[PDB]
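So, a structure with avibactam (bound form) in it.
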Amino acid sequence: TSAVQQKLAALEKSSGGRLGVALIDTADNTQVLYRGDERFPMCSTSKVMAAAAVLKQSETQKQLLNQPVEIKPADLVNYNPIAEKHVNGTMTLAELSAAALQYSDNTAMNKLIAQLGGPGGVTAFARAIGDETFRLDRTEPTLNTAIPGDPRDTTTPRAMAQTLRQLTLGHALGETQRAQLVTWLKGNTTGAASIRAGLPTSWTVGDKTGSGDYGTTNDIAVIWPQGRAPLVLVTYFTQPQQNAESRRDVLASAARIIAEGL
Ligand SMILES: *C(=O)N1C[C@H](NOS(=O)(=O)O)CC[C@H]1C(N)=O
């Protein structure tokens, strides 16, 4: 173990839960892993992959992101801050992608999932961009049950970091779609208490948070530190009891520990 890993272990031990971290430094492609090959429930962080999959579809349909998608009252689930304003109306796939990523709208996420033919279509996109680990099995809201030992709707920190890098910094998407994904992630509204809180204020972050049962507290981020090449950082966290409170400070602490290395 490295010093960063021993610090992450100490944070995890005092946290009362299970922490997973994966950093990729694209300055030199090095990786820091803590429980990097253990599965964690993704919860809302799976939305990135659904949005990227729709962006990928849009590479061969110029007008796909402008296509209207009907929002019915029955479509509303547990957290719909944008979709509820369009009930009995429509949202475009661009609007749904932005709502899913920036406001973590679960109705928008379900519309993205349906646009891909269900959770298996998101998993298939993951496979098509080289992610052998990601699996999406359910829609919102049950994909957030986050039951320990349940492999459904999970990934590992390493695989998620690798995928987020390919999507945001690599060529898993076309150039325009990559820029759109990064623009969406950087305009996230929900991230300031998570990885963002553990990094120097001068660094630009685009991220996607998630949370679920068992106190599951997740964040996945692409980071532009001042004067250095970007990083990819994945912090997953989950706890032993179903009603545990969210612990975004633990993600911030892990990010702060990561930041002290590179
Ligand atoms: C995603 O994990 N979810 C949607 C909603 N927003 O996520 S955030 O809090 O990480 O921004 C929170 C609840 C969760 C869900 N159970 O749908």
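So for chain A, numbering is the PDB entry's, and the shown residues are 26-57, 59-238, 240-252, 254-290, in order. For ligands, and for the atoms within them, numbers begin at 1 and follow the listed sequence. We use all heavy atoms of the structure for the numbers below, so side chains are in, but hydrogens, waters and symmetry mates are not.
- The largest share of close contacts with avibactam (bound form) comes from the chain named in the PDB entry as Beta-lactamase.
- For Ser237, a nitrogen or oxygen atom sits less than 3.5 Å from a nitrogen or oxygen atom of avibactam (bound form), counting backbone and side chain alike.
- The ligand atoms of avibactam (bound form) that sit less than 4.0 angstrom from a heavy atom of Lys73 are 4 (C).
- Distances below 4.0 Å separate heavy atoms of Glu166 from the following atoms of avibactam (bound form): 17 (O).
- For chain A, the entry records the source organism Escherichia coli.
- Distances between N or O atoms of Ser130 and those of avibactam (bound form) include at least one value under 3.5 Å.
- In terms of polar-atom proximity, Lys234 is not counted as a contact of avibactam (bound form), lacking any N or O under 3.5 Å from an N or O of the ligand.
- Distances from avibactam (bound form) to the non-hydrogen atoms of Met135 include no value under 4.0 Å.
- Distance from atom 17 (O) of avibactam (bound form) to its nearest protein heavy atom, with residue and atom name: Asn132 ND2, 2.3 Å.
- With a heavy-atom cut-off of 4.0 Å, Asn104 touches avibactam (bound form) through its side chain alone.
- The entry models a covalent bond from avibactam (bound form) to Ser70 OG.
- Among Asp246, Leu169, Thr244, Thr235, the residue whose heavy atom sits closest to atom 10 (O) of avibactam (bound form) is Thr235.
- Per-residue contacts place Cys69 under 4.0 angstrom from the following atoms of avibactam (bound form) (heavy atoms of the residue considered): 2 (O).
- Nearest to atom 1 (C) of avibactam (bound form) by heavy-atom distance, out of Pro67, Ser274, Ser70, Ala126, is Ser70.
- In the vicinity of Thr216, heavy-atom distances shorter than 4.0 Å reach the avibactam (bound form) atoms 11 (O).
- Lab note: binding site of avibactam (bound form), heavy atoms under 4.0 Å, is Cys69, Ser70, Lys73, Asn104, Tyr105, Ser130, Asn132, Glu166, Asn170, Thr216, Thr235, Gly236, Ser237.
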